[PDB]
Amino acid sequence: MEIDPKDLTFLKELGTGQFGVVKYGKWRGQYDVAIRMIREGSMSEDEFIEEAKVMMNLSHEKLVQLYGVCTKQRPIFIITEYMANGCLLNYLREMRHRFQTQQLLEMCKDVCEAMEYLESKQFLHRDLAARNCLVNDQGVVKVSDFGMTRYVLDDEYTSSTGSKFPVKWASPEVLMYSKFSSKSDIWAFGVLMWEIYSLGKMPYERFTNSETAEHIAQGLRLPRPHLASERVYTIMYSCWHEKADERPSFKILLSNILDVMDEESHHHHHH
Ligand SMILES: */C(C)=C\C(=O)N1CCC[C@H]1c1nc(-c2ccc(C(=O)Nc3ccccn3)cc2)c2c(N)nccn12
Ligand SMILES: [Br-]
Ligand SMILES: [Br-]
Ligand SMILES: [Br-]
Ligand SMILES: [Br-]
């Protein structure tokens, strides 16, 4: 897991993500990799380094693969699979010019498979959203940054009442009681489905975080995206049940997505 930084070559600046600068490079002169440089003073590094070992034991084809870390240095490096098509949000914005609606449901399936795996390992993502999903060269979507917000030092990001908290993806019990679970990830997954079918539109774009909380407390939810059929909207709406126990698991949700795929292929075969 501990990688020698001398085995890394930096070839292209990719930009800066939530958790620091990211660069494309080669590992051992053989493998394409993305190199995340954790921003100084942003993480509880001691706890993160211990949690990083648990994140390393996770492996699934729809999870962005982690190769290792460089911790005998400052800044810390995280070495990961390189996702050629970049962040899902930017990818969705570009899809507005050419796409087929079936592709959107396939994207939801990819993420749901990744979350079903994390669910089976009792591993919470805690900030599932399009901004944390990446797309490879084949258009496959993969989930990343699972569990990374646990040890963010800025309380404005981790506190349910913080100004930077992902309120617009948070379930009621997260906003009111800071109760995180796979069922809160389910809620966020529903919002992520809405993001995909809105082709990267921000949920509750014209809402303040305070107005969003009141909106959710009133039992109101996001509107049906124009590209989402009623059958598809039923799935993402099931993620938004007021009570966590009434939301489906990722295992059930994946089967529901596959079933709707069959219904969609017969959309014109009913009276
Ligand atoms: C948005 C989805 C991505 C994003 O904001 N950026 C900014 C730079 C270009 C792009 C990007 N980020 C990554 C990337 C790299 C590493 C990690 C990571 O360390 N994940 C992690 C650590 C621990 C536990 C779980 N996950 C996440 C994201 C990236 C990659 N890999 N390829 C291309 C572009 N890109
Ligand atoms: Br560079
Ligand atoms: Br088509
Ligand atoms: Br609760
Ligand atoms: Br809205």
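Throughout, numbering of the chain's residues begins at 1 and tracks the sequence. Order of listing sets the numbers, starting from 1, for every ligand and every atom in it.
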Student: Could you check which drug is at ligand 1 for me?
Tutor: acalabrutinib (bound form)
Student: For acalabrutinib (bound form), which chain wins on contact count (greatest number of heavy-atom pairs under 4.5 Å), named per UniProt?
Tutor: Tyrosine-protein kinase BTK
Student: Name the residues that contact acalabrutinib (bound form) at heavy-atom distances below 4.0 Å.
Tutor: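 With heavy atoms under 4.0 Å, it is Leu14, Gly15, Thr16, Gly17, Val22, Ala34, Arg36, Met55, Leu66, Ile78, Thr80, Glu81, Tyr82, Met83, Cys87, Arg131, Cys133, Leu134, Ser144, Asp145, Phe146, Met148.
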Student: Which other ligands or ions approach acalabrutinib (bound form) to under 4.0 Å?
Tutor: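 Other ligands and ions within range: none.
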Student: Would you mind checking whether the entry has acalabrutinib (bound form) attached by a covalent bond, and to what residue and atom?
Tutor: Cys87 SG
Student: To which UniProt domain do the majority of residues of chain A contacting acalabrutinib (bound form) belong?
Tutor: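 Most of them lie in the UniProt domain Protein kinase.
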Student: Does any N or O atom in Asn132 lie less than 3.5 angstrom from one in acalabrutinib (bound form), N or O only?
Tutor: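 No; every N/O pair is 3.5 Å or more apart.
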Student: So, regarding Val64 and acalabrutinib (bound form) (criterion: nitrogen or oxygen to nitrogen or oxygen, under 3.5 Å), is there a contact or not?
Tutor: no
Student: If the cut-off is 4.0 Å to any non-hydrogen atom of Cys87, which atoms of acalabrutinib (bound form) fall inside it?
Tutor: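 Heavy-atom distances to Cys87 below 4.0 Å select 1 (C), 2 (C), 3 (C), 4 (C), 5 (O), 6 (N), 10 (C).
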Student: Just which atoms of acalabrutinib (bound form) are under 4.0 Å from any heavy atom in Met55?
Tutor: 23 (C), 24 (C)
Student: So, is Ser144 polar-close to acalabrutinib (bound form), with some N/O to N/O distance under 3.5 Å?
Tutor: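 Indeed, backbone or side chain, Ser144 has an N or O that close.
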Student: Please identify which atoms of acalabrutinib (bound form) are closer than 4.0 Å to at least one heavy atom of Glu81.
Tutor: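 Answer for acalabrutinib (bound form): 31 (N).
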Student: Would you check the N or O atoms of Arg131, main chain and side chain alike, for any that come under 3.5 Å of an N or O of acalabrutinib (bound form)?
Tutor: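 No, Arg131 has no N/O under 3.5 Å of an N/O on acalabrutinib (bound form).
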Student: What atoms of acalabrutinib (bound form) come within less than 4.0 Å of a heavy atom belonging to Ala34?
Tutor: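 Heavy-atom distances to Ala34 below 4.0 Å select 30 (C), 31 (N), 32 (N).
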Student: If the cut-off is 4.0 Å to any non-hydrogen atom of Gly17, which atoms of acalabrutinib (bound form) fall inside it?
Tutor: 5 (O), 7 (C)
Student: Looking only at protein heavy atoms, which one is nearest to atom 18 (C) of acalabrutinib (bound form), and how far off is it?
Tutor: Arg36 NH1, 3.2 Å
Student: Need the acalabrutinib (bound form) atom indices (1-based, order shown) with element for anything under 4.0 Å from a heavy-atom of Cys133.
Tutor: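 Counting from 1, the qualifying ligand atoms are 2 (C).
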Student: What residue and atom, counting heavy atoms only, is the protein's closest point to atom 35 (N) of acalabrutinib (bound form), and at what distance?
Tutor: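 Ranked first by proximity to atom 35 (N) of acalabrutinib (bound form) is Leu134 CD2, 3.6 Å.
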Student: List the closest UniProt active-site residue of chain A to acalabrutinib (bound form) along with its heavy-atom distance to the nearest 1 Å.
Tutor: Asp127, 10 Å
Student: When you compare acalabrutinib (bound form) with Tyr82, is there at least one nitrogen or oxygen pair between them that comes in under 3.5 angstrom?
Tutor: no
